[PDB]
Amino acid sequence: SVXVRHXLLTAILX
Amino acid sequence: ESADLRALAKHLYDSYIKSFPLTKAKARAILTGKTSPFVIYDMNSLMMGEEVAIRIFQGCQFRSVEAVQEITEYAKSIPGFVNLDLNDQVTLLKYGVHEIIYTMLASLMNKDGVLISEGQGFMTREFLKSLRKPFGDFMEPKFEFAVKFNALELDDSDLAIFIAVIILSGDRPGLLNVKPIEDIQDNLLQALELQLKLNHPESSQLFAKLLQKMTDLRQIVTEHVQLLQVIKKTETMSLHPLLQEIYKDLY
Ligand SMILES: CN(CCOc1ccc(C[C@@H]2SC(=O)NC2=O)cc1)c1ccccn1
């Protein structure tokens, strides 16, 4: 998925 | 409904002021001398002001890393955005953030140079053009964009809505749920149109001109990724991790 390829962007969004 | 479109515009402006410490209003005051930045115009002054082309490239990267985090905070204040699927939030930011970075960079530019370090420095355009190939052409497309964009005389309240429209683009590759994005964007577009009619009543077809700038920004980012592929094959330095993630499979 997209989520799995973007650890850091996910962290910032969370 | 018009009053609601104004409340949306105001919410976005207030959000923008919370997210972005160096606004266009503040940058223009520094640039026209109404508030002094340290001027970097050659190698000697770059030393005074704190391999040169690579140091400058790395400085631009660290600024982008900061900007991504500011932009992400701002995106999370756009009504509807945090309720999107997380995959779609990430795709919107991945494909949008450089377009916003270059939009906001224009706020810190004149025809002769760019503010750095939150307005504590000013780096001349000529100095950047003097860097060894291919780094001498890194910034020149961005200055070219900025001179044309700044001629539209947008303010921070206009930019807040323009940036939101760009982030909520339903044509990014790999979006899972386009319809909610397009519905948010359509309302943002109506809010942008009303903002420009009210704030720039004398500026005919400003809205259409801004829609075209959104296309132009995509070309800027495409050209930048082309320059990066040149740099990566001619040099042997790598990107900050957050930039690696954004650029990986970025068209
Ligand atoms: C010329 N300035 C101003 C900032 O200018 C910028 C130019 C390009 C970017 C995008 C970065 S650079 C890259 O390849 N990818 C990115 O995300 C971001 C900022 C600076 C700023 C700090 C130090 C040296 N000079």
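Order of sequence lines = order of chain letters (A, B, ...). Per the PDB entry, chain A residues shown: 6-19, in order. Just so it is clear, chain B uses the PDB entry numbers, and the residues here are 207-241, 245-259, 276-461, 463-477, in order. Indexing begins at 1, ligand by ligand and atom by atom, following the structure's order. Both backbone and side-chain heavy atoms feed into the values below; hydrogens, waters and symmetry mates do not.
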For ligand 1, what drug is listed? rosiglitazone
Chief macromolecule bound to rosiglitazone (UniProt): Peroxisome proliferator-activated receptor gamma
Neighbouring chains of rosiglitazone at under 4.0 Å, heavy atoms only: B
If you take every non-hydrogen atom within 4.0 Å of rosiglitazone, which residues does that pick out? B:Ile281, B:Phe282, B:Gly284, B:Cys285, B:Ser289, B:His323, B:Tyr327, B:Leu330, B:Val339, B:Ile341, B:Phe363, B:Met364, B:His449, B:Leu453, B:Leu469, B:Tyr473
Point out the residues of chain B that UniProt assigns to rosiglitazone binding and that have a heavy atom under 4.0 Å from rosiglitazone. B:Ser289, B:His323, B:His449, B:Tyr473
Considering only heavy atoms of B:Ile341, which atoms of rosiglitazone have at least one such atom less than 4.0 Å away? 2 (N), 3 (C), 20 (C), 21 (C)
Contact atoms of rosiglitazone, heavy-atom distance to B:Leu330 under 4.0 Å: 4 (C), 5 (O)
What organism is given for chain B in the entry? Homo sapiens
What protein heavy atom is closest to atom 11 (C) of rosiglitazone, reported as residue, atom name and distance in Å? B:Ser289 OG, 3.0 Å
Would you mind checking whether the entry has rosiglitazone attached by a covalent bond, and to what residue and atom? none
Using a 4.0 Å cutoff against the non-hydrogen atoms of B:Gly284, which atoms of rosiglitazone qualify? 22 (C), 23 (C)
State the atoms of rosiglitazone, each with its element, that fall below the 4.0 Å cut-off from a heavy-atom position in B:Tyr473. 13 (C), 14 (O), 15 (N), 16 (C), 17 (O)
Which of the UniProt domains in chain B holds the largest share of residues touching rosiglitazone? NR LBD
